[PDB]
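Take a look at the structure below.
In what follows, every chain begins at residue 1, and chains take the letters A, B, ... in the order their sequences are listed. Excluded from the calculations below are hydrogen atoms, water molecules and symmetry mates; all remaining heavy atoms, backbone and side chain alike, are included. When a ligand or atom number is given, it counts from 1 through the structure's own listing order.
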Amino acid sequence: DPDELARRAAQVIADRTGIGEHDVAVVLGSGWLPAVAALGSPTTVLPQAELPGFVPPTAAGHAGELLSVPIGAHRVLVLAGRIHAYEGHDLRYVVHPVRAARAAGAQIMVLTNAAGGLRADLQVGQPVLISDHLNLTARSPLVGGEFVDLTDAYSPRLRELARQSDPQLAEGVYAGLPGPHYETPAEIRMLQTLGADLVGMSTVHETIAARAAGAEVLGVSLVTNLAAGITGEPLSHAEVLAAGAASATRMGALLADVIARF
Amino acid sequence: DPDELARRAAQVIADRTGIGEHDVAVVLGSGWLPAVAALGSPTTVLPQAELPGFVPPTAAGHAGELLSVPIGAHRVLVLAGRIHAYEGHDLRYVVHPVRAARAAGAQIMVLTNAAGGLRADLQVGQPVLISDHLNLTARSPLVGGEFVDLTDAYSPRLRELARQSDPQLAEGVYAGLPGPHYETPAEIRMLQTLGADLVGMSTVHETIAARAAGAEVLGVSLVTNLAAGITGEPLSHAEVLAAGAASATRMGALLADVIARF
Amino acid sequence: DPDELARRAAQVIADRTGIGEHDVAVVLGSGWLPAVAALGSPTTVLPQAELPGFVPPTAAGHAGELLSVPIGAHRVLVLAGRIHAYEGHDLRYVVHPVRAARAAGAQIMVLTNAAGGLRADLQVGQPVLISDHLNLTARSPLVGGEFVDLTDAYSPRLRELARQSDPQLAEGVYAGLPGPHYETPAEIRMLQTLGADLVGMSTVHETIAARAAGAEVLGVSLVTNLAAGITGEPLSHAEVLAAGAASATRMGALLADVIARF
Ligand SMILES: O=c1[nH]cnc2c([C@@H]3N[C@H](CO)[C@@H](O)[C@H]3O)c[nH]c12
Ligand SMILES: O=c1[nH]cnc2c([C@@H]3N[C@H](CO)[C@@H](O)[C@H]3O)c[nH]c12
Ligand SMILES: O=c1[nH]cnc2c([C@@H]3N[C@H](CO)[C@@H](O)[C@H]3O)c[nH]c12
């Protein structure tokens, strides 16, 4: 049972951090690892692996740590690193971190990720607020008759607050695919036709799980590379991490400021 | 063995109803539960759970009953409620009811469902004949080299008969998704681009199985809500059932008049 | 570990053929079985089933044999027949033949298949070079952080060589679907919108695996039928095999000549 597992994880989080309840949770994706320090001074740092139900992250660029950080008037859970469906894990494990965070009191989830940019106006290193998503995985983290509405899955209010921190922030539709292979140029052209502005291999299930659990979501993609076929240059995860590092300072500052506005 | 399991179920149906063979089968979807009265008076009513191979439905609004009803010159098998892929069962179980009906003698399957309306003309409460479908589940109920043709999956002949009952019935293409989460507005815009007029989380596999088993199919979607993002109002299953209830008498009467024409 | 299984198979292949290493591998798809003769005189012919990791092909038209044939200056592994995801096997098995071929020394994979034609200028019996693909299976043969780039998945260089053999060769985008049911006309219209020129139920995963393993790929689809809904006539696998047979002489001559140019 996902709920009981989440509660057990939340209890351990409370016991180890000494904080009975957190207010916000942030998941740092590929390329975002170095932005963790700017969020603030952690009062607790521990391995995600220690927590019940947490499959340790294994992808390059994911620290696999959980930090408790005070940001503004909030106590924030920072999930440095995440796991993905392409790693072979049942979605119950993929969305467990968000569910555990919710069980720990977090009613706002800030989901960040590295994405390929499909819209012509997007440049490498640019942060893009996720306005909506396209779940192209043919899967759902929900089982049974859990008919969750996804109309304002990415809270307009939170995107407005982000815009208050930095007015220049653009928005875009994120397409979530299975992965782990990158897309072919033809698939990218297809995604453009489908209305996608960004492409990645995560986030969508976590967003669905968050909404199902009653939490709001702010999604932020860092354009770590132009989508396959745009430049013709081959994609590389190492380069994705490098591109993310170049914007780490701005990203950390952005997250710290926006969260404090919540 | 799917076929043998279907034969066993068909035998129990014959013994329990006292009817050696049925001619038509109707699967009542979400919101269609109370349409049974308008179909006619059952001569036998029994729990699906008591039939070999039948996984009991669990979604709200699905009774999980089987009724034998005389409609016109036909002996009709009415499956009040269905199971869906989002409930986690292998497709063999999802399409078993249709295969059991075929084994019971039904050469015509009337598959009804609750669907979100995407096309501009559609209104809540409007019945729509399924002209074709878009299987967007990345799955198939068929295994191995069962290369079944789906050119006229939804019999033009049956749609013609349906229009004799109600000349104003409109047609539309049904998009079948995994579920159980409702679609995001972006996904709905994507489906419109793909050619979808209706969207649901069932039916496609049942239609495929019916075709593979030599049965004709008449699909009827009841627009229980406008697709996500159309009205901007959040979708709700309880509201889907309420919408269905408001049109149940009309739907039952429609089904009765159409089936009598078979 | 797929790589270890691949090496083991490669060792058995070397022992059984008396050839320490092969240079090119060709997978003959549906309808291509009779094209074998034109490739040359095999020095060894053995059942795929007798090789480690090879799940025996079962689809009609797939011989399930492995032949070592000298073509031009190359020692070629000819895989007469393949397995498909619709047969229910884990993708590790679906791409094993290609990985085994790579482990045996093949740095070039010629993947042939039978496909439905969507583009108006394509005719039944026409061979079409695959310029790119659309993986619409919601799956990948890769696991974990295998972030493989698919920018030039179908080697432009190899397509140029094929063109030297037959200058009139057309190119097109191949859409890979789960199968085994054929597409509905509405689905075909959708595929056209997505940019597909050809449609089939194989190849994409093999191409991805080949790329991840460092081999170039030349994809050749034989239009064995026009896509569902184009003619209005139902599709049939037996007819697909018949269409393939009608072009077998041309296909075999094409393959023999192109491979000699590698
Ligand atoms: O262009 C892209 N396509 C698909 N995924 C990604 C990503 C994300 N980064 C990781 C691969 O580098 C993977 O976890 C994926 O979700 C960055 N750029 C792209
Ligand atoms: O807008 C919609 N999108 C997807 N499914 C449905 C449905 C059908 N009704 C059920 C959810 O209420 C579910 O089984 C689904 O198949 C009604 N409206 C919609
Ligand atoms: O029109 C078509 N649609 C989908 N697959 C195929 C095929 C290929 N041939 C086989 C079915 O005949 C199957 O393995 C599929 O990959 C030929 N024509 C079509």
Chief contact partner of ligand 2 - name in the PDB entry: purine nucleoside phosphorylase
Recorded drug, ligand 2: forodesine
Neighbouring chains of forodesine (ligand 2), heavy-atom cut-off 4.0 Å: A, B
Forodesine (ligand 2) near UniProt phosphate-binding residues in chain B (heavy-atom cut-off 4.0 Å): B:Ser30, B:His84, B:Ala114
Shared residues: UniProt purine D-ribonucleoside site in chain B vs. heavy atoms under 4.0 Å from forodesine (ligand 2): B:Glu183, B:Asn225
Region of B:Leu235 engaging forodesine (ligand 2) - heavy atom pairs below 4.0 Å: side chain
Residue B:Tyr86 vicinity, atoms of forodesine (ligand 2) by number, heavy atom under 4.0 Å: 13 (C), 14 (O)
Atom 6 (C) of forodesine (ligand 2): the protein heavy-atom neighbour that sits closest, reported with distance to 0.1 Å: B:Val199 O, 3.8 Å
Part of B:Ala115 within contact of forodesine (ligand 2) (heavy atoms, under 4.0 Å): backbone
B:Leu177 and forodesine (ligand 2) - part of the residue with a heavy-atom distance under 4.0 Å: neither
For B:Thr224, the forodesine (ligand 2) atoms whose distance to one of its heavy atoms is below 4.0 Å: 17 (C), 18 (N)
Closest to atom 4 (C) of forodesine (ligand 2) among B:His181, B:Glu183, B:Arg82 (heavy-atom distance): B:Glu183
Under 4.0 Å to a heavy atom of A:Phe147 - the qualifying atoms of forodesine (ligand 2), by number: 11 (C), 13 (C)
Contacts of forodesine (ligand 2) at 4.0 Å, non-hydrogen: A:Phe147, B:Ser30, B:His84, B:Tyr86, B:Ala114, B:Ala115, B:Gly116, B:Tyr182, B:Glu183, B:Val199, B:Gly200, B:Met201, B:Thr224, B:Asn225, B:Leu235, B:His237, B:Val240
